[PDB]
S.K.: 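Today's structure: one with TAS-120.
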Amino acid sequence: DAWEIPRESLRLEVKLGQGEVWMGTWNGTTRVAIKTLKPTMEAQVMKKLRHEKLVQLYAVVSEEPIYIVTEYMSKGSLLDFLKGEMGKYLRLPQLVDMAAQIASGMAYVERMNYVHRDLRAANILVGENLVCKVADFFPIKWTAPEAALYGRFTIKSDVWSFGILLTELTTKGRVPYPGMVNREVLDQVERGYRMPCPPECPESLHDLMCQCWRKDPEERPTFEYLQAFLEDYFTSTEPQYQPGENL
Ligand SMILES: C=CC(=O)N1CC[C@H](n2nc(C#Cc3cc(OC)cc(OC)c3)c3c(N)ncnc32)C1
């Protein structure tokens, strides 16, 4: 109830998505993102979870029409950012740094004993200075098989999805498993298949993806390990990295 805000304190300026979400002004002073719920149905979670790489809730209005006020992320979704005009310029150091920020946020989710259940670039927001924050808004291609088949949604299954998100980073937003329909992916991931090394992407990084894609959930690394691994990627793992045409 301390999060409650008067309806007149919000100005909805630019519509962004559609269950809409707007760019707006709160107290005529603050740039904010406003998500609208149409008069379906909440975010007790967002009031507890506070972390540098979790996008923060600012205020709420509880009675229909409901409005969720969160901080503004100037670059939109990471999927849009990677696919858009900035993709051409991102190289591995940039992409690995974003992946470390996401792992960092997810490691906070790991410490809090929460699960995301839907980690992928579409649910990562990007801000100024390549800041990336994980955000909570049929994703078989991103879902760990034991979660997709039996509903075991662990932080372990989120790790599997981080592994897939690393593929989105290194292909600059391309859908994983190119040319495979949903049923084709389920069947082949159980037969042991996994995405190959993306072009120009070091084998050290692809190996990290494979640790994320281990069939045994308890064998995949923690987010604490992933965060640390990516934060020193270019000193401990690829000290010889030389820029390329795309990575
Ligand atoms: C479906 C819309 C969608 O995916 N996007 C991505 C960009 C845009 N969007 N969407 C934003 C959002 C949001 C959001 C709204 C929420 O209300 C529960 C909860 C939540 O968990 C983090 C995130 C957003 C933002 N905060 N700042 C800038 N742009 C934002 C619309």
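Here, residue 1 is the first one in the sequence, and each next residue gets the next number. Order of appearance sets the numbers: ligands from 1, and atoms from 1 within every ligand. No hydrogens, no waters, no symmetry mates; every other heavy atom, side chains included, goes into these values.
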S.K.: Can you peek at the structure and tell me the main thing TAS-120 is bound to, named as in UniProt?
M.R.: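 The chain with the most contacts is Proto-oncogene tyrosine-protein kinase Src.
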S.K.: What are the neighbouring residues of TAS-120 within 4.0 Å, counting only heavy atoms?
M.R.: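 On a heavy-atom basis, the binding site is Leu16, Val21, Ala33, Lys35, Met46, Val55, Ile68, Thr70, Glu71, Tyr72, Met73, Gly76, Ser77, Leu125, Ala135, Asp136, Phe137.
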S.K.: Against TAS-120, which UniProt domain of chain A provides the most contacting residues?
M.R.: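 The majority map to UniProt domain Protein kinase.
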S.K.: Give the UniProt active-site residue in chain A with the shortest heavy-atom distance to TAS-120, rounded to 1 Å.
M.R.: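 UniProt active site, heavy atoms, to 1 Å: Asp118, 10 Å.
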